[PDB]
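The following structure holds BIRB 796.
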Amino acid sequence: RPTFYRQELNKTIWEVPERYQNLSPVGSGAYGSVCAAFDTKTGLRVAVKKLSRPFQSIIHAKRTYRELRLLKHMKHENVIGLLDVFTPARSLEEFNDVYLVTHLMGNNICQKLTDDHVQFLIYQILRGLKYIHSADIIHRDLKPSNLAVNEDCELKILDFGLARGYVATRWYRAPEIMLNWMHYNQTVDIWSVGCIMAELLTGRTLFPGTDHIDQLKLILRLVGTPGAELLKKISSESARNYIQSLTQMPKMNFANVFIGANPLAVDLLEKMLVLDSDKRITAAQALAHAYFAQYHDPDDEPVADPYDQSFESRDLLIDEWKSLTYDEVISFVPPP
Ligand SMILES: Cc1ccc(-n2nc(C(C)(C)C)cc2NC(=O)Nc2ccc(OCCN3CCOCC3)c3ccccc23)cc1
């Protein structure tokens, strides 16, 4: 057991091994806080996430276990990976706190904004999402503040998950999940990618809605109102009656909206930003789109090892989720 030390940052106590130094706050929300730091065992910059009161409720405890399990499993160049996990506790009996560590990579709109760099950035997002989806995980939260990039334009997907330069989750959300239209699939995340790629091409947020009603209004102005075939798939009656009450909107010509852009970029956006999630392109199909010809390699776009989510079905007490989390802390082995 290393020697720990204590300090207070923004009214939050941090008790961490002495190898982690110069802690500097990055972000904070209801569920936790993140600091940047230097790891003197390696000479590298890291980020440390402290969960707020991880075992104070069932929701907290199960979220804590969910995140540690998933982060321990993620082993992909375009997804966050876990360098370390630790607790100042010396026994289960005083286990009250959880800290997670990753290498510090840091979007904020990589040096130049060329079509080449948009290609590479969106390519890496799709490559990481193919991996995440193959583990039967839906991100649900994709947005520019959940992407990490370095000076070489390499990118990783993460999820702060803190309930935190303003970037609203709703701006990048697919309408079927934002408004509980229907049972939704993994391509909700592809909608978010389309929104991100559009912003990289135009310099502005595609759909900056101020609430869910305005968000839907902005979306339908581009993609048009649902026709009769999709309305029949909107199984929520309240949502269907609302949409049918609206002034109908035509689908816009994307070549005019994104004037000046690579025609292959426009075509890809046309396949991502479609209301019908049965027709929206998947991450693996998008990787094969001609926009990515200079990066796509179907032999270097790997999938995840199988990921056991049977714990999600279990209805457990705080102290049981706590014990399972402690098991996972104790068994962690840092990568090479
Ligand atoms: C309940 C819950 C369940 C699962 C998640 N979840 N889901 C995913 C997938 C789906 C993308 C695999 C990833 C995560 N969790 C995260 O991505 N957690 C983290 C976010 C931001 C961080 O640091 C931000 C600072 N940043 C780090 C990179 O370098 C630049 C700075 C982090 C630093 C250390 C450790 C963990 C961090 C989240 C919550």
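So for chain A, numbering is the PDB entry's, and the shown residues are 5-110, 114-116, 119-173, 181-352, in order. In each ligand, atom 1 is the first atom listed, and ligand 1 is the first ligand listed.
- Bound to BIRB 796 (ligand 1) with the most contacts here is the chain that UniProt lists as Mitogen-activated protein kinase 14.
- The region of chain A touching BIRB 796 (ligand 1) is mostly the UniProt domain Protein kinase.
- Near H107, the atoms of BIRB 796 (ligand 1) lying under 4.0 angstrom from a non-hydrogen atom of the residue are 28 (C), 29 (O).
- Using a 4.0 Å cut-off between heavy atoms, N155 makes no contact with BIRB 796 (ligand 1) at all.
- Heavy-atom proximity to atom 32 (C) of BIRB 796 (ligand 1), evaluated over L104, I84, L167, is greatest for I84.
- Near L108, meaning under 4.0 Å from one of its heavy atoms, BIRB 796 (ligand 1) places the atoms 29 (O).
- Closest to atom 33 (C) of BIRB 796 (ligand 1), if we only count protein heavy atoms, is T106 CG2, 3.5 Å.
- Checking the UniProt active-site residues of chain A against BIRB 796 (ligand 1), the nearest by heavy atoms (to 1 Å) is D168, 3 Å.
- Atom numbering of BIRB 796 (ligand 1) starts at 1 in the shown order; those under 4.0 Å from a heavy atom of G110 are 29 (O), 30 (C).
- Comparing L171, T68, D168 against atom 8 (C) of BIRB 796 (ligand 1), the shortest heavy-atom distance belongs to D168.
- Proximity of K165 to BIRB 796 (ligand 1), defined as any heavy-atom pair under 4.0 Å, is not found for any part of the residue.
- Residue-ligand proximity, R67 to BIRB 796 (ligand 1), at heavy-atom distances under 4.0 Å covers atoms 1 (C).
- Within the set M78, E71, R149, the minimum heavy-atom distance to atom 2 (C) of BIRB 796 (ligand 1) is found for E71.
- Summarising the contacts of atom 24 (C) of BIRB 796 (ligand 1) with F169, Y103, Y69, the nearest heavy atom is found in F169.
- Here the heavy atom of the protein found nearest to atom 9 (C) of BIRB 796 (ligand 1) is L74 CD2, 4.4 Å.
- My check of the UniProt ATP-binding residues in chain A for heavy atoms under 4.0 Å from BIRB 796 (ligand 1) returns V38, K53.
- The protein non-hydrogen atom at the shortest distance from atom 23 (O) of BIRB 796 (ligand 1) is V38 CG1, 3.7 Å.
- Source organism of chain A in the entry: Homo sapiens.
- Listed by atom number, the atoms of BIRB 796 (ligand 1) under 4.0 Å from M109 heavy atoms are 28 (C), 29 (O), 30 (C).
- Binding site of BIRB 796 (ligand 1) at 4.0 Å (heavy atoms): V38, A51, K53, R67, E71, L74, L75, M78, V83, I84, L104, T106, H107, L108, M109, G110, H148, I166, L167, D168, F169.
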